[PDB]
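Entry featuring glecaprevir.
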Amino acid sequence: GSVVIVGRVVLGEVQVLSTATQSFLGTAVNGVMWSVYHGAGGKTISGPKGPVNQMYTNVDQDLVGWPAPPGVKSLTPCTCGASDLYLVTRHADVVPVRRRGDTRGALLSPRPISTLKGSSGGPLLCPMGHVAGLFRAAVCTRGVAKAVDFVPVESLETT
Ligand SMILES: CC(C)(C)[C@@H]1NC(=O)O[C@@H]2CCC[C@H]2OC/C=C/C(F)(F)c2nc3ccccc3nc2O[C@@H]2C[C@@H](C(=O)N[C@]3(C(=O)NS(=O)(=O)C4(C)CC4)C[C@H]3C(F)F)N(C2)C1=O
Ligand SMILES: [Zn+2]
């Protein structure tokens, strides 16, 4: 009934989040751990200090957020306007992406969908290591990922 922190990806650190049936990622920005609604639902984030309710919940945008747990450092938002980005997966893979719009990025080389599965909520990073977006969905054809869809970092604000 809650989301648990089961691991992390060391870049800053991306959180590996899991429910009873699904595992995905969480990215802390502006004091908030952001993730995807299709993974966490409206569930709380659990831990030794007790469950903590989501402070942001947007079903339409597939975006949820909790107050950053103690110790979860926030990543710096990208302000350099880069279009050459890097998707960080739950396996610590860093996949180059060319931004082609406000929420879309093309992959330089198609990757099987199985290799991106479970990395929703992970960050897209600019060449400076700053978070430009948050992995939400993949453009899939013949089971091969050719592009990604992400929540822009600008939408990851407190209010
Ligand atoms: C074909 C496909 C790849 C399955 C699918 N593509 C797709 O739909 O592309 C279209 C065209 C371009 C953008 C997108 O427009 C529709 C928007 C979908 C959405 F994302 F906004 C979304 N909003 C929701 C809001 C509320 C409740 C449920 C929602 N469900 C959604 O979408 C669903 C979920 C999302 C997903 O699987 N994301 C990833 C992932 O890893 N998840 S996960 O960790 O393993 C896991 C399931 C444990 C949590 C990162 C991609 C990985 F697999 F590469 N989906 C389906 C897809 O990506
Ligand atoms: Zn940047």
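Chain A is numbered as in the PDB entry; shown residues: 990-1000, 1031-1178, in order. According to its header, the structure was obtained by X-ray crystallography, 2.3 Å. In each ligand, atom 1 is the first atom listed, and ligand 1 is the first ligand listed. Only heavy atoms go into these numbers, but all of them, side chains included; no hydrogens, no water, no symmetry mates.
The full list of places where glecaprevir can be found here is ligand 1. Measured by close contacts, the chief partner of glecaprevir is listed under UniProt as Genome polyprotein. Of the protein's non-hydrogen atoms, the one nearest atom 21 (F) of glecaprevir is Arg1155 CD, 3.5 Å. For atom 16 (C) of glecaprevir, the nearest protein heavy atom lies 4.0 Å away or farther.
The closest approach between a heavy atom of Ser1042 and any atom of glecaprevir is below 4.0 Å. Nearest to atom 51 (C) of glecaprevir among the protein's heavy atoms is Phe1154 CZ, 3.7 Å. With a heavy-atom cut-off of 4.0 Å, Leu1135 touches glecaprevir through backbone and side chain alike. The shortest N or O to N or O distance between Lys1136 and glecaprevir is not below 3.5 Å.
Within the 4.0 Å heavy-atom shell around glecaprevir one does not find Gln1080. Taking atom 19 (C) of glecaprevir as the reference point, the nearest protein heavy-atom neighbour is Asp1081 OD2, 4.0 Å. Looking at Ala1157 next to glecaprevir, an N or O pair under 3.5 Å apart turns up. Among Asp1079, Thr1134, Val1078, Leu1153, the residue whose heavy atom sits closest to atom 26 (C) of glecaprevir is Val1078.
Nearest protein heavy-atom neighbour of atom 28 (C) of glecaprevir: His1057 CB, 3.5 Å. The closest approach between any non-hydrogen atom of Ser1138 and glecaprevir is below 4.0 Å. Counting heavy atoms closer than 4.0 Å to glecaprevir, residue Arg1123 contributes side-chain atoms (C-beta onward) but none from N, CA, C or O. The part of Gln1041 lying near glecaprevir is the side chain, judged by heavy-atom distances below 4.0 Å. Per UniProt, most contacting residues of chain A around glecaprevir lie in the domain Peptidase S29. Among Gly1137, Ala1156, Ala1166, the residue whose heavy atom lies closest to atom 57 (C) of glecaprevir is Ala1156.
In this structure, atom 36 (C) of glecaprevir is in close contact with the protein, since a protein heavy atom lies within 4.0 Å of it.
In summary, the atoms of glecaprevir found under 4.0 Å from a heavy atom of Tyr1056, numbered by their order in the structure, are 26 (C), 27 (C). What sits closest to atom 13 (C) of glecaprevir on the protein, heavy atoms only, is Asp1168 CB, 3.7 Å. Applying a heavy-atom cut-off of 4.0 Å to glecaprevir picks out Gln1041, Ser1042, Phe1043, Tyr1056, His1057, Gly1058, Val1078, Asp1081, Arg1123, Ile1132, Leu1135, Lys1136, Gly1137, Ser1138, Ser1139, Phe1154, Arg1155, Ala1156, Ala1157, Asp1168.
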